[PDB]
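In what follows, a structure is listed as structure tokens, so that the remarks can point back to it.
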Amino acid sequence: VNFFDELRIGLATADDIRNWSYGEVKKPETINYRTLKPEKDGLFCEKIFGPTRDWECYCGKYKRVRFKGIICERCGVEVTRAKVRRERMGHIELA
Amino acid sequence: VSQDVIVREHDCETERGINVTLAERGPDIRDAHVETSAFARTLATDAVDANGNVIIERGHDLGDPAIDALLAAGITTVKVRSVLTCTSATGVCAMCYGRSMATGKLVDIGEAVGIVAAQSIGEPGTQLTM
Amino acid sequence: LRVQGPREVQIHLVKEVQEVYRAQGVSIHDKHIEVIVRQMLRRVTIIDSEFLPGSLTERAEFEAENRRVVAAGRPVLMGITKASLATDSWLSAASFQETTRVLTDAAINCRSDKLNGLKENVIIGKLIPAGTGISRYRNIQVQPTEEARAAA
Amino acid sequence: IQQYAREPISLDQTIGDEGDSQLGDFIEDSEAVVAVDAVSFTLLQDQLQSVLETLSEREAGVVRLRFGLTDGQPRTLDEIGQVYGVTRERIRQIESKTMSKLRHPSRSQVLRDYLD
Amino acid sequence: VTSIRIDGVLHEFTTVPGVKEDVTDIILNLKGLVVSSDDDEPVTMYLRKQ
Amino acid sequence: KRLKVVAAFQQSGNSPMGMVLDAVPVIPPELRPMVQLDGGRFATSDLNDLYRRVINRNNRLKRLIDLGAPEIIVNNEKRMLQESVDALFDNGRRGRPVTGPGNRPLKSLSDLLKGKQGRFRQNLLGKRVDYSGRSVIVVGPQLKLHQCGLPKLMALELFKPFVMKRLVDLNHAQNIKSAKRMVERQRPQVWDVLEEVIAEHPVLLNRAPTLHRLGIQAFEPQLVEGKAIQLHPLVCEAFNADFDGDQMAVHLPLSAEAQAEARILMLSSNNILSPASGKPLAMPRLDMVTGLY
Amino acid sequence: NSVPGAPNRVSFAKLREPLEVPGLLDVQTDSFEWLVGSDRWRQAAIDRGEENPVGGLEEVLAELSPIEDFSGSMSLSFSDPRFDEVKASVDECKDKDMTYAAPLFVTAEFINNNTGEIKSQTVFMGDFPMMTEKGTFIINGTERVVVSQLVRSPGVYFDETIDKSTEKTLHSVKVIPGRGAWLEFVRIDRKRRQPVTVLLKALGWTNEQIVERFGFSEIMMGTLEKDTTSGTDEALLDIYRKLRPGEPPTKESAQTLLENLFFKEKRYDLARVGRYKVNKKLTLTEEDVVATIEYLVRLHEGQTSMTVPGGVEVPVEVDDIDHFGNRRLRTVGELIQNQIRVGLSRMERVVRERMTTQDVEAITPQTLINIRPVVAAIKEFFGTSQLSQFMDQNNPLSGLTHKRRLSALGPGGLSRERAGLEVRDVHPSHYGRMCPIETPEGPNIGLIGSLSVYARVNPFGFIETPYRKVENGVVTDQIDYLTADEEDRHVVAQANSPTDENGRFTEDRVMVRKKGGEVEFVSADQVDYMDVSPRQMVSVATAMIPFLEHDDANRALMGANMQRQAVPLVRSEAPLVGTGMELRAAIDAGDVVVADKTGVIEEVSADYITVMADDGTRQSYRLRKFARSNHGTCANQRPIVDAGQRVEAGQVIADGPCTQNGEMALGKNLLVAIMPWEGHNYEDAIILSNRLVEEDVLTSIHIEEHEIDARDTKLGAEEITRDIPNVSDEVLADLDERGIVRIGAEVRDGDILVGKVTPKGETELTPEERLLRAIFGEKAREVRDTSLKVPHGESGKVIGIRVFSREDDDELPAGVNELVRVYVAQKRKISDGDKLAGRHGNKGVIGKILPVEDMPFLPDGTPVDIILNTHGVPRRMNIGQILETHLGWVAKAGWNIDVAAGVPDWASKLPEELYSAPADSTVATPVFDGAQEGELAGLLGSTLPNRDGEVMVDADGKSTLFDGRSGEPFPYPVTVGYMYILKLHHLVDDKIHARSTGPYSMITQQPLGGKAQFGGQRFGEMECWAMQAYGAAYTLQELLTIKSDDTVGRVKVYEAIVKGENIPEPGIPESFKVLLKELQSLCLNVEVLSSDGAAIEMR
DNA sequence: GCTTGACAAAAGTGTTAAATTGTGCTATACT
Ligand SMILES: CO[C@H]1/C=C/O[C@@]2(C)Oc3c(C)c(O)c4c(O)c(c(/C=N/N5CCN(C)CC5)c(O)c4c3C2=O)NC(=O)/C(C)=C\C=C\[C@H](C)[C@H](O)[C@@H](C)[C@@H](O)[C@@H](C)[C@H](OC(C)=O)[C@@H]1C
Ligand SMILES: [Zn+2]
Ligand SMILES: [Zn+2]
């Protein structure tokens, strides 16, 4: 677009933070020490943030651009460009 | 602080201004610095000689010749347009600001005089004994 | 300021600033110094209220609202740093200085930035509202004269 | 085991206290789009469209479905034989002939510079 | 003299066994050679000492 | 003073509850990347260890709550969870900062925006750009005021995409792939092509520090032998350029509007008088003075 | 002089150096020899000094000995450290990327008081890095230098600061120890609100003693009457809660609090420096505390002498933190010692705790001891420490100044940004100790300096300077090294003063220096010490500037800093007009080959030089040949002796990089013309004769090192091979079987050096890519191409190759199978844009290089080589460059003073045997004793062959040059001569960058700067200001959107240029999109709103 | 031009064994 009118700030409520979130990161795990792949439910979890490779799910049962915007029933990752890995946010539910 | 200051219109039409000295008492003697105070300005009101002789009309560029002509008539002050008295709603007006030092002519309407002022003031700062 | 009035302070500040630069042999036209001074006296203090006492509000923004067809203030002299922080643009004040301070107050006041200043447009990649970016210039329409198209 | 024990380093670390250069900003983006390649690839995509124009409607049709040029999804010999109504072997035959036709220097000479 | 070829050395930045001058400092000396060739068409000279 | 804050929450629809967090947002992973360098060893952003402390303590808190645990223990966790989130947002703002190996403080979310190295000054108000270069400058006494000497090697790379098209328009190269390699290896045919693309195509010449706008000026490029840049001797005053080893940056205006601005607004010969005092700047100096005197 | 093979360089000095320049490398060696305390250092202290010399290692080992826990039931004693022979040679270490070190062993005693047993076990501490002959270290293969640090010596220092509130005088005191909390007058450990009297009650002294000891102090009595603290135990409580807030005290903790903080030796360390400073000025005990208060009281009262019970009288005066008497130097040995102590204190913790949980009597020195923190201290110091520096070796001089460099930065000293300007200023006590002229120009001015020539470091860390004491107007031969403190005590006569035949003050009055310092006179009766010689204050680099006295300190400072930046040439000609330091500095640098035994040469080859000493023994020296220096310069060596030559101990056998016949040769001598020339040499620019290219006079060699490894990948193993996935057989034309460039080949930007391939995963080729694979039948390979190529804008010849394989036994880190290093070298002709300079701070780039045909040439037809502009000379205050331009011509053509009837009047003042000199004879003018103006003129008119008997230069140093273009003489006489100009390490080939498109940063999509990453320039804030002032919106938007950050726009613009279409409209800068994300991560809801279509999403 | 049957390589599936991973536990007394 490149033409917006106003840019506004405001206190983010816990609901706003939850609506931004694509899922709750529950583990303090970055990546597996052997396979070097993102650990599920942790930071970098492909199920929450997004795929590592374009149109490829974690397990790979859906690897083609033929079906975009579908979630793999096994790994739970969405099939789309890995650019979303840079656009999506998680959240943490504090006890 | 001045980056948002830009010429927005030709003339705000206000009659307000500031009084430049431009000479004093001589001979019984141009002011030390009329080049940075009087020159490049624009007259806010007519410069009237010691009668109704008016020698320079309001809205004159006030170049080098006009100062000599003015001095002949013996005018020891002049009221001039300034951005301090400009009444423009947004930014300033060309007439109030005056001539553009780079072009030598009336400032264009797009000019961003705010930044040009900050840079004209700061650049010599390296030459100031601090 | 309080003694001789706003229009006299500016004459003083310009003389003082122009004296230092004259001591080192520097030639700066007063108008440049005037552009900067003009920005220190753009606001006034609100002694009584829509407005709160002790706040620094823009002069023009204070006249139209104060009328309210059917709240007094005094001219305020303030430094460039303090003045520029009071700018209406919140992301402009953020990039300038005291980012955390600016962001916390902007989020509480729920500020909205119109993106009019030229620094705001630089950040988001818009055309600055100056020079060739002004509306009259960028909206210029060009076509060859019918007499010229004939000559081909 | 000695590779497992290695611990990562900080991208926010300053490499060299001399030059306040943060390691993080020295890291390339290997997956970034390269302009010259994507443009040449676009040009390559056009040159293939033309070369296939020389082939027959079914010759090119089988080549496109075999490699999935249109859909991006390759197809098996039997599946292509199911659209044109033939056996997979017949498609295997039509494949070999159109490939030797593509190997004909007239059509291949233009695509040579796209090796990589 | 345009080029030169020495058996043991493959480039200019090495030394030769027994020689007091490195190859780069020998070429510096050889630049002072004043030669006159009465024929066109590059001609190779030869030098061998033991 | 206290009324200023209390009043701010009234007019705005913000509920003051926002100042206490029930949930904490997690930044996208590519903004806190973890990647392996050349050789295999890994590097990652500090935010992950910061997020790791928060997640650890929050999860440990759930554990103590369920078992049932003396307040001394539970309260200790909440105090720890509070500090962890504080360091995540603004590390060091309260107490000693969270440090890593070598006792160097970790980089909080606030540390991304603030300072000369933050997003605003580093990546927003300035940035590194394509189609640019630099080199040491040498005098150009034979140049016209509107011209500058440009190293042929430097010019070739700057205009690479342009010459590639020109030598493909001409039969020099058959496809863009051949054009690219023909420039990389510098086959002698390109030079005659480079002069054409460079013709009447302006470039911007800047020397830091840029004090006034005259610190950037457009010139007409001229292919020059050597790797140095030839600068007109009359523009030294504006650039404050000494030939004691100074360097200058070159930028290539691309769009029609950008080239128009270069030729019209920033052209060398159109800017002569300083825009502060009106005095002339390109005025002769130092040699031309004694030469004419 | 006094060096056997020293070349004959005539000097103009009117004095005689009474003391040779000491070994300029001693400062680095003596420090290390103290640490290791070898026999060479043992004999030093034994001959004259203490009778119990203690090596730095032993000294720190005494502190630990013995170890004991709270029970004191078991004790572990340390003693007798030992070193084995060095593991590998320095040359082998730099080759194998290891660190030159010698293993260290110690004696570990473990005594159980209950069982009364002894378990003596030899312990291995670790490989201890050793210092080379050149005072350097080899840390992981690279040669490094440990610079000495400047710090405030621990002690009691007072200062008087006036308070504007009362407009009256105030006095504050500070006591800075070796370690522990610091106190200030009470102000203790950043805890204010303390009455100095309350602590005197904390010790338990009664108020009566306060009135007894305070005495004449008025505020001393008035403060105790004001303090409301009653009792010695109650004051300890008022001191307790403020020092340990939040902790309820106890009578056991309140009393040991004070003693443990300072009196206890553990937490408050008595410093040998601090213990010595105050012990004379007045470990911790009350005696030192009360003495400070009594000292402070007298200072505020105004008395200059203070005495107390059982104390020696001393003056009560304020101290100067910048006086070198209170500011010391932490040499390398001490910087190492401190890092060892940190390792032992960390091991002591594990030694003590290990005893508790370990089975008693089943523990041994090996079990209790763990050296992980000890070796980690050493390893973590030589690497990553600010004082352990990558050695600066462009030339022998640059390296010789790196060592001898003194720094105020680093841990334990003021940091760079915080320090005030008061320290940076020169101080009177810097004379002869720290050169005031050599220092950085940038933000580090005054904080970094080089040790003076004759300076010497004290075992306590204070710099000493050599002096010759005078008694009754007679200067003896007694030379006494004095510290700054004892220097002010005496009066220092000036180095040059008229000498009387056998020794006596001839002048009626003598120049003197006071403790002010002040300059005054006496009749030579009250002088005590005199200067050893001029240039005591000067450093090595500074002392190499001919006519130093004539150039202003500004341009001189530039002149010194630029000598280090020179680069070794191929020919390496020595300076025609030099100073005394040339030959002395080259040998002491270490880049020259010196013979250590008198003898005769057996062989001489480019490879090595052997000498047959008279002793019958045989020494040999392998010559460094084209060795890549740390910074890329060429470290080649060449022999200067023949076969049958005789030699003497300490002579020069071969020349180093920048040396000729034993003396430093940082540049060439060139024929100079000081006329302005057709606006080509203008504004410091320079023009050269093309001769300087054809004859390789300014040519120099540079060498690069490229490296690539083959490691184990999770998907396979990297393999170095000649097979590349997609390449022409021509690109591999210069590769051998293994896939590494063949020695002696030429390499061009982008060429292949080492072929490497790495496994690939799940290719999934594009359909357009698979169709071509079937057509042309090139099977898609299973591995990606990650190969080593030559960097952009870099070329040369392949000198040598170094291959480390895993198959071959060699050592590699886990995962690395094969590592190959390729060395490329190139001859760099002097090019326009390269930076040249003289020793006087005059610098400038090469503006143009004219054919030797058309150039100002003398009547001889001899073209001048350089043409320097006339205008930059007068205003800069560096006129020495003109002097050496005149003398340079004198030494080139020779001269003969008129023997007619006697010696002219100008040569009357002690020029001896300098009356005649042949053509090309070299000259030496020591800085402050060099030639004088009168003597120059007399020499300007002198011997006159070119070949014919015609003069080419008059007595004014001018000549009539002929323009090489028009062929007509220049109207006026122009100054010609020979000047010594250096080639500086700022080269155009390395500084010219250009970029159209390239790599982009990962998080931010901006191009990454630096030539290494092929990056683009930075268009910064100030530049955007200038762009805004012009009013060019589209230019500004372009630079910030489609040229850096627009991920989709930058690929479109490229597509548009290639197709000749119009450049599209810009998009949203990726950086801004990241900003909104980073603001959202702070719980800031940032919404981008439309005019009326409220919310927008960035996707 | 196209189809049929024999056939082997390649690709999936299900079934198992080996391995990898998570968790519980250790009782002189030690605060
Ligand atoms: C761990 O070592 C580092 C610690 C920095 O931390 C920091 C904050 O604490 C420092 C200490 C304690 C110093 O004593 C010091 C110094 O004496 C010095 C420079 C100046 N350096 N520059 C020279 C000029 N050039 C325009 C820029 C760089 C420094 O910056 C520092 C310095 C720092 O900056 N010396 C000069 O200025 C002079 C008179 C000559 C320079 C010769 C060469 C150039 C250098 O010696 C090269 C060979 C390296 O040795 C250094 C660069 C080290 O870098 C490395 C990788 O080795 C650096 C000491
Ligand atoms: Zn899946
Ligand atoms: Zn106006």
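Order of the sequence lines fixes the chain letters, A, B, ..., with proteins taken first and strands second; residue numbering starts at 1 for each chain. Every number for a ligand or one of its atoms is a count from 1 in the order of the listing. The structure shown is a partial extract from the entry, and contact counts are restricted to the extract.
- Against ligand 1, the chain with more heavy-atom contacts than any other is given by UniProt as DNA-directed RNA polymerase subunit beta.
- For ligand 1, the recorded drug is rifampicin.
- Other chains in heavy-atom range of rifampicin (ligand 1) (under 4.0 Å): D, G.
- The deposit refers to chain D as RNA polymerase sigma factor SigA.
- Apart from rifampicin (ligand 1), no ligands or ions have atoms under 4.0 Å away.
- Measured on heavy atoms with a 4.0 Å cut-off, the binding site of rifampicin (ligand 1) is D/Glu18, G/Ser385, G/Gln386, G/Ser388, G/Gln389, G/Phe390, G/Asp392, G/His402, G/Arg405, G/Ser407, G/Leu409, G/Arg416, G/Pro440, G/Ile448, G/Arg564, G/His631.
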